[PDB]
Amino acid sequence: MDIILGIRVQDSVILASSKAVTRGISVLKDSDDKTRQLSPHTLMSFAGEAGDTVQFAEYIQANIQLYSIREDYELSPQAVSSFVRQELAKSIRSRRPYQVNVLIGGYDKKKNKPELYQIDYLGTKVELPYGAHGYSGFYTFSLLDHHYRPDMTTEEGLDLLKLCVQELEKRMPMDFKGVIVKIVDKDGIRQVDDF
Amino acid sequence: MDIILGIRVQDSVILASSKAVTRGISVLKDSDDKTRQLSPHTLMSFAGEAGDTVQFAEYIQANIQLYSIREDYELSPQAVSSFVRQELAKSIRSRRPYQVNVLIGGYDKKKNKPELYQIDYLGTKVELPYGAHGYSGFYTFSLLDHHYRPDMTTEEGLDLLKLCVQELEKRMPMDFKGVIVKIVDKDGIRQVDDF
Amino acid sequence: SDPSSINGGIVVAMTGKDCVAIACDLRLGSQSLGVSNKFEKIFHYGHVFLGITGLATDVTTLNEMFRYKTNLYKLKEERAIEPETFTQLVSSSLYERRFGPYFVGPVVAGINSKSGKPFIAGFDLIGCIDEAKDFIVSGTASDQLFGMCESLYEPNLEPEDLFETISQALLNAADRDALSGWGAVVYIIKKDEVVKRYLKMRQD
Amino acid sequence: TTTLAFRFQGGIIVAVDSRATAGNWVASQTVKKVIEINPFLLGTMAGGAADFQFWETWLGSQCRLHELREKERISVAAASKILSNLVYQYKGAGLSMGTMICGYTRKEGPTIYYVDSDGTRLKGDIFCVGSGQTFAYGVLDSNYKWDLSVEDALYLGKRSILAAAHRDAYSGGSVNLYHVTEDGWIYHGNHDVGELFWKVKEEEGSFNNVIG
Amino acid sequence: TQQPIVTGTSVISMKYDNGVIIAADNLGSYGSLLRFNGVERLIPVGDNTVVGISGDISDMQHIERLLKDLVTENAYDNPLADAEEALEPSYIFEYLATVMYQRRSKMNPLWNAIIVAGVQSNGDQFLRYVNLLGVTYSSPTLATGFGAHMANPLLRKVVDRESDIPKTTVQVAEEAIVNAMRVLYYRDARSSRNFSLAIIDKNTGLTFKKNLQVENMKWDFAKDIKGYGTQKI
Amino acid sequence: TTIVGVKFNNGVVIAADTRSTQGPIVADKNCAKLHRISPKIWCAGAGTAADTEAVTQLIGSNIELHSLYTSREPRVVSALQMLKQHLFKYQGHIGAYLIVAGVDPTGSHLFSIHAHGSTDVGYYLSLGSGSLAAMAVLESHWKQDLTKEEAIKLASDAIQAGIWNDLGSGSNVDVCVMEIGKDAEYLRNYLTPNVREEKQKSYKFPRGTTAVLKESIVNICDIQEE
Amino acid sequence: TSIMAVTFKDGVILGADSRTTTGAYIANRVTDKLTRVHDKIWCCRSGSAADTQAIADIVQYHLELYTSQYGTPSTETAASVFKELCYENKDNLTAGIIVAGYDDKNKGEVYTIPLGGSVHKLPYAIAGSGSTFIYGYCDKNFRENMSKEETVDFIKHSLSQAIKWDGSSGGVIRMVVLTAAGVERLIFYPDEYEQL
Amino acid sequence: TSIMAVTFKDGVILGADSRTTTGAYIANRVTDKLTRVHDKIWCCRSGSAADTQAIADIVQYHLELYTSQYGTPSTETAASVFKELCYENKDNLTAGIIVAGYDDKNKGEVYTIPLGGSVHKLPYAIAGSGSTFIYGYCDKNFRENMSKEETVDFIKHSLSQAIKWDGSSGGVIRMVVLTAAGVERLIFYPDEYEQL
Amino acid sequence: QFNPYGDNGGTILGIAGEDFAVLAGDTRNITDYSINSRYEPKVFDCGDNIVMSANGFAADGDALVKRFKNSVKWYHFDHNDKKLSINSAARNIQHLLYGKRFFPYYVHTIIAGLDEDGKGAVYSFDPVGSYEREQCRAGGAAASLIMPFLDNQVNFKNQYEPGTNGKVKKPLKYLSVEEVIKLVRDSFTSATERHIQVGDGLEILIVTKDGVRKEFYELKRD
Ligand SMILES: *[B]([O])([O])[C]([C][C]([C])[C])[N]C(=O)[C]([C]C1=[C][C]=[C][C]=[C]1)[N]C(=O)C1=[C]N=[C][C]=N1
Ligand SMILES: *[B]([O])([O])[C]([C][C]([C])[C])[N]C(=O)[C]([C]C1=[C][C]=[C][C]=[C]1)[N]C(=O)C1=[C]N=[C][C]=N1
Ligand SMILES: *[B]([O])([O])[C]([C][C]([C])[C])[N]C(=O)[C]([C]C1=[C][C]=[C][C]=[C]1)[N]C(=O)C1=[C]N=[C][C]=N1
Ligand SMILES: *[B]([O])([O])[C]([C][C]([C])[C])[N]C(=O)[C]([C]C1=[C][C]=[C][C]=[C]1)[N]C(=O)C1=[C]N=[C][C]=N1
Ligand SMILES: [Cl-]
Ligand SMILES: [Cl-]
Ligand SMILES: [Mg+2]
Ligand SMILES: [Mg+2]
Ligand SMILES: [Mg+2]
Ligand SMILES: [Mg+2]
């Protein structure tokens, strides 16, 4: 799929992901949620080749949920991101690799810190204050470089995120049919229904 | 992937043409008029390969304006369309052909009839009630097949045109930044500033 | 396309008098796009330091792999691995992937705890050992680093002088490379103390 | 490369970077990417080119010949079209250039024309061209207004190039500013990015991601 | 653009104290077939220059006619054609170098590597190389094809730099050339035993030696070599 | 790379330059191209550096185990057979071009091995990008019944020819002499005809020249007691 | 490469040049292309040196193991083992091999195995790049039941021409004589065979 | 194609096969490859039939016009005109031509012009695909100043072998004798030359 | 297929002083892994106190230099023996290079001399004619090895003044002709060590108001 964004603020992680699904000439759907909840305080958005994206996201989801049941314990965002990276790093030298780029936004309940991880299909992990995949970064990073602070509130983060989406809507050729925004904080994961 | 549309109603010809200009990754402009007035009662919209489009449109424009001055007489839409077709038919077997598709909407003051001509870069002329170039037709023709009448008013034509643009805006992947609509009738050529 | 220059980056190592220095830039990119200015390329296992340039996923993978192997080494041997031994381990590990190699340019640096002798070594992506006396270079600006090191370097430099030499070798090489820069780190290594310094450099 | 140019109250701002690369190798950090065509017209460069050194210097000769013949300053529209018609003859022949022909005349006012190696010729208010254009557009769009002071407009252009110089690997070196009125273009300093970045970071409170 | 068909291999040459020596074998190869065994590839121009040519033989023959025509043209309205205004090595070379570069620039090259060896009016040694690309260079030793790889190393042991030229006699230089020709016969799969050798001396003039043969070859040790490793019989 | 081997009266000598290259860049100026398969069987290697090292180590390891198994000093033909069969299996993809030499109970031996697994016997051999410059010298100066002193001279002269005339070769000359009834002597940097001249200037910087953001002590020691 | 094997009254003689080439460079000018798979069964090798050596090595192993179990193998048996390798691995091999041997029962025999892997029993055989130039000569000059001296002259003259015209062939002319008397090696140097 | 020209005491003889092939189909089994550019200057044609005919036609035109102005041309002159065409149009031609002629002053001469466009004056010349197989034979059996009958036998035996081994060559052996006496055509059928 | 281009290797270096200019270049000429010549002059005096070198493909390089020398000659004829200024020479070369835009001179051209104010001047070109005045420029095979060193030692990049810690830069003090030659020699000695196409000899041409002077230095021959 097309545009996925992430921004880590003071006390939460915010993930924006486009709603459009284009199969060639037509936009088949304009309300697609390009994300999966891996655990109560860990959310992974994704974008890449069709099929591979969901297949991968659900495979990861199942594995983390299996871990959660076995140990009766939620893995840290760092731990989940490392697991995910290894799966992609394993994948890239396979017969047919997973062609999937992901953002992992999680709130670490132990350290009481939000954490955003950006991992591409090669298995290239980086912890960031704000991240993106594909052409999304080319437009947004210049805005985020300017306006971003580590002590921003969630409402300030959403406003900065709106400014990013507006710039994408102005300068990107593809109509991505807006974004679904989700917030990950100490209280868990919720969706901003109006954006 | 520029969208240019045409519809011939009772007493006028209406040409809609997208405003977007995309140079790869960025939309450089969102207010581009993809049309030239060849004569007071003849308008040509165009879409094709960058540079070639305007170069061709202006070359045609100059030739028709030269004819108008020489004879102190406006050529019929049919005559202009035939001239244009020949230029493209000549072009296709050149060293470097004009890669330009056009719609020629004109009002014939002799016969008191609106006329719409669709000509592709190969020099393939067809007189139509409604026409389009590129992928535009794939979405719109099904709507036009259903709703079109030969006795429609200009206001009814604009409403049917809005329905076409809405469907394009819904199902096309590319954001073409809306359209500039122009009407060609007995009184000449005017632009619908609000659309 | 070329795996060794997608992410970009550089590593350089030098020997001094009773000391070694290893240094790297901090850039990680997706070709033209700069992605991270905190991607450190120098890791350490005990007193043995390893810098890795090249494809970032493999940089990470190999660090995790040599951490894995040096930890088991320590449990069984009941002692920390030495630079000479680690160099051989790196070479072995890389060559076993001969026809499906990690796209990396590793650089070992450290001081032998028993003999006190300063040691550096470089590798190609399939395990060939380049055990130089003077200096080792690696990454997208290796040509530039070769040019800097070959002119700036002199033997038997004191730790605080060596720091200036390696820092200037890296900085000026990185500035003549589009895919390197965005910060830099220099490790000055002595027999029983290690100082790590972040350099202030142009951020373009 | 990052080059921008935008119309505003005080005329036109033009801002460019200074970097030239051959692959990953940085060839030059000191490149003039603004051809001072004459005292009243400016032109930018981008695209693996420098074809535009020859052709925009040539354009200056054509513009000089025009005002000798017509006893009148050439229009921005006429100047830009001489260049666009020229490159159109050479269409298909080589690589990828992109330019902004900038000027201010009495009849037109402040005018910018995006001319392109594919033959494209677009009039417009704002343009960013080059490998770092998207980064520049981000800063420019969010902070652009018609009612900007000459001081603030100059800074916005400087800041937009800095934004791209930072992210885009093939942009950087230094920023060359120009301000264009009908009385002529005015040069506004060569600004090294190495020094400009730390200056802007500290003063503006931006680039919190980077450690300094 | 073409491909070479009938080809001539190495042309080797060096300077010595009073002049230059140049040599080339008498073979015209047709791929792996050693088709023509009587081909002269050293072509003298006047009594002070010898042009040695390798590569395509049809193009060589064309160049040969150009040089022949050059001498004719130089004699026209030139009372000093056999004296002050006679053709120099430098004149003959620059002409060829002009042609070779012009032809490469029309994407229709004369598929050759040429070495113009000679002695100037003032007694200076002339030795310069030119090829199908129009590339030119001069050196105390020059060689084409395989000669570049095998002859030069041997010839450079005699004249390693400019200062060694006055110290090298014609006997020592000729010996080095003749030895180099033997080495090329051992190791070049498209060479012949028969060759021609030319000496252009500022005192004794042009000496052109035809029908020379590689002699004093070492082959006896072949009898002792058996199998490719473990075989004893 | 220039590597040579030369037979003589009572043994065999091999030699090699010390330049390693990646394209037009010199990767190592003092590379070690002479590899020890066993105490009295040494080989010189050209082509891909990792391969010549790896393939020699492997065969050398198996040769050692074989020598312990058979209670006999290893033979050159064993190293030759084991190398060629390995290289052949990999169809030239292991880029190792070797000159294998040594002394054993059978006598003194000199062989060459190519990447595809072909072997050649000879009294004088040369491999690598400078083999043509080396072979020119060998063909000009080699004779039967060479002494030890003459063979070392001829071998190092052949390497020099490559060093000077071939851009793929350079720096120093390594030699290894393996005489019958004697320990093999490995002469590392036998010749050093390419020492760099003194630089015109010292580029030692004044301390505090480099701008620094942060400093910190790195904990290399283990977790501490108390 | 110019190789040939010729049967005569007393047995068979194998003949070969000594040139190994990497393109136009002569990698080895004193190569031994006549190689031994058994006491009195030898072969001439053409094409890839690596392939023909690997093959010849394996064949010698098979015939050594054959001998240990079933006694001395026939020349036909040796040719069959060569064939089995060349045929079954035709996609990955470039080997033109001439097998030649001497029994007391069958006397001198010659089998040629070209690229395909096919076997062809003949009175004499020629192969390698340089053989093309001597088809005419060999066909005209070959007789059956020649003497040893006549057969040596036939091979010497034939290979001399093959060498003269083929760039890939050259050096010394090696020969190996296979008769009841035993195994005799012969060598002929350029100065001798060139003037013929 | 197997073609050859051989000088002898009384003059020169041109020889050729008669096979024209489209791949493996014999388009013409009775082709005349010996063609006349002047009274006593002929040529043997190999390679493209279309190219060699177009060339030979043009050469005959040039020598006819030469004769009208400057009298009878030399065989060298004829070879030079052939060369000029083959050399200057080397990119678009596939023609291997042997020129052979008889003067009273120069007697029998033979010039061979291979693909490149180069000229080579020789005592005798062989060319065409089938010539490869008779380099060895022709080199061994050629003598200078042979008789007419000896030269006919030399060509017959040579081309016989070339035909025997080369698929592209076959049919009848045509010959053309050029001497002071005049121009004699000879033909030799399969039954005659195959049993040699 | 015929490839009309080739790489003859080598490396050149131009440094502009306060009242002088140097244009240095190694004398080694090569193809692939063979040395053609150990001394083949690459930097030429073109008259009017201008020195030039067109590094890369020697045939195109020799052609270009030849044509510029010719341009200088015809400049004197056509304009009353007027001295061709370095800025005018540079622009003239742009037109020579761009004149073959669609079949380029495969060379990296550098000229050096004095501007009309007497100050040192170095101009640098790409193969298709783009040019720019510079204080410092290395061109050719080993340009990537030399330029970073020159940024550091000529323009004092990344160097700051002790005690201030990154706050105050090192001042851009002018370099003497003796100081420049030291940097030139060390650049080529270093380039020779790590680049196989660089060596044999170093020829430097120094341009002052007094005229053009030459200096030659040995380089390693391996
Ligand atoms: B910019 O990055 O587009 C820049 C503009 C140019 C006028 C200096 N282009 C270049 O630097 C190009 C390479 C390139 C990089 C990225 C996108 C497109 C092109 N280089 C050159 O034009 C160049 C390189 N070396 C010498 C001279 N010119
Ligand atoms: B010699 O020039 O053949 C030399 C011998 C080697 C055993 C030290 N070869 C090399 O140095 C090879 C050349 C080569 C380049 C590229 C691909 C394969 C071979 N170099 C290396 O193996 C090499 C390259 N970079 C780093 C380390 N080693
Ligand atoms: B002969 O020329 O066929 C010869 C016989 C071989 C058994 C020694 N073969 C070669 O010389 C081959 C190449 C070749 C030449 C002509 C036809 C077919 C093949 N040479 C090699 O295999 C070779 C080349 N370089 C090093 C080692 N081996
Ligand atoms: B001979 O085989 O070269 C022969 C001589 C020709 C003058 C009659 N040539 C041909 O038969 C050619 C094909 C060819 C075969 C072998 C080598 C080169 C070329 N045949 C034709 O030109 C031909 C084929 N079909 C119809 C007409 N002509
Ligand atoms: Cl062999
Ligand atoms: Cl015919
Ligand atoms: Mg149509
Ligand atoms: Mg940047
Ligand atoms: Mg060398
Ligand atoms: Mg037949």
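Lettering of chains follows the sequences in order, A, B, ..., and the numbering in each one begins at 1. Values reported hereafter were calculated over all heavy atoms of this structure, with side chains retained and with hydrogens, waters and symmetry mates removed. Atoms within a ligand are numbered from 1 in the order they appear, just like the ligands themselves. Readers should note that the entry appears only in part, and the reported contacts come from within that part. Header lists the method as X-ray crystallography, 3.0 Å.
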Recorded drug, ligand 2: bortezomib (bound form)
Chief binding partner for bortezomib (bound form, ligand 2) by contacts (from the PDB entry): Proteasome subunit beta type-2
Other chains closer than 4.0 Å to bortezomib (bound form, ligand 2) by heavy atom: C, F
Chain F UniProt active-site residue nearest bortezomib (bound form, ligand 2), non-hydrogen distance to 1 Å: F:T1, 1 Å
Name assigned in entry, chain C: Proteasome subunit beta type-3
Chain F: source organism in the PDB: Saccharomyces cerevisiae
Covalent linkage of bortezomib (bound form, ligand 2): residue, atom: F:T1 OG1
Binding-site residues: bortezomib (bound form, ligand 2), 4.0 Å heavy-atom cut-off: C:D124, C:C128, F:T1, F:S20, F:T21, F:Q22, F:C31, F:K33, F:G45, F:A46, F:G47, F:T48, F:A49, F:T52, F:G168
